[PDB]
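So the structure is just underneath, and the comments pick up after that.
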There are 2 protein chains.
Amino acid sequence: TXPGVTXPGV
Amino acid sequence: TXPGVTXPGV
DNA sequence: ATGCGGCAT
DNA sequence: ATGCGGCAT
């Protein structure tokens with residue numbers, strides 16, 4: 001996720 | 001995690 | 001050697 | 001398969 005908690009996605 | 005058990009994240 | 005999300009890309 | 005920190009505990 002995020003950053004933080006990438007994307008989704010990337 | 002923290003530094004610390006970066007941030008969440010970075 | 002820890003310690004976060006659990007999925008749209 | 002792909003995508004973030006590179007630590008201060």
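Letters A, B, ... mirror the listed sequences (proteins, then strands); counts begin at 1. Side chains included, hydrogens not; waters and symmetry mates left out as well; all remaining heavy atoms used. Non-standard residues appear under their parent amino acid or as X, and any extra atoms they carry are left out of the contact counts.
The drug name recorded for chain B is actinomycin D. In contact with actinomycin D (chain B) at heavy-atom distances under 4.5 Å, by letter: A, C, D. In the PDB entry, the name given to chain A is actinomycin D.
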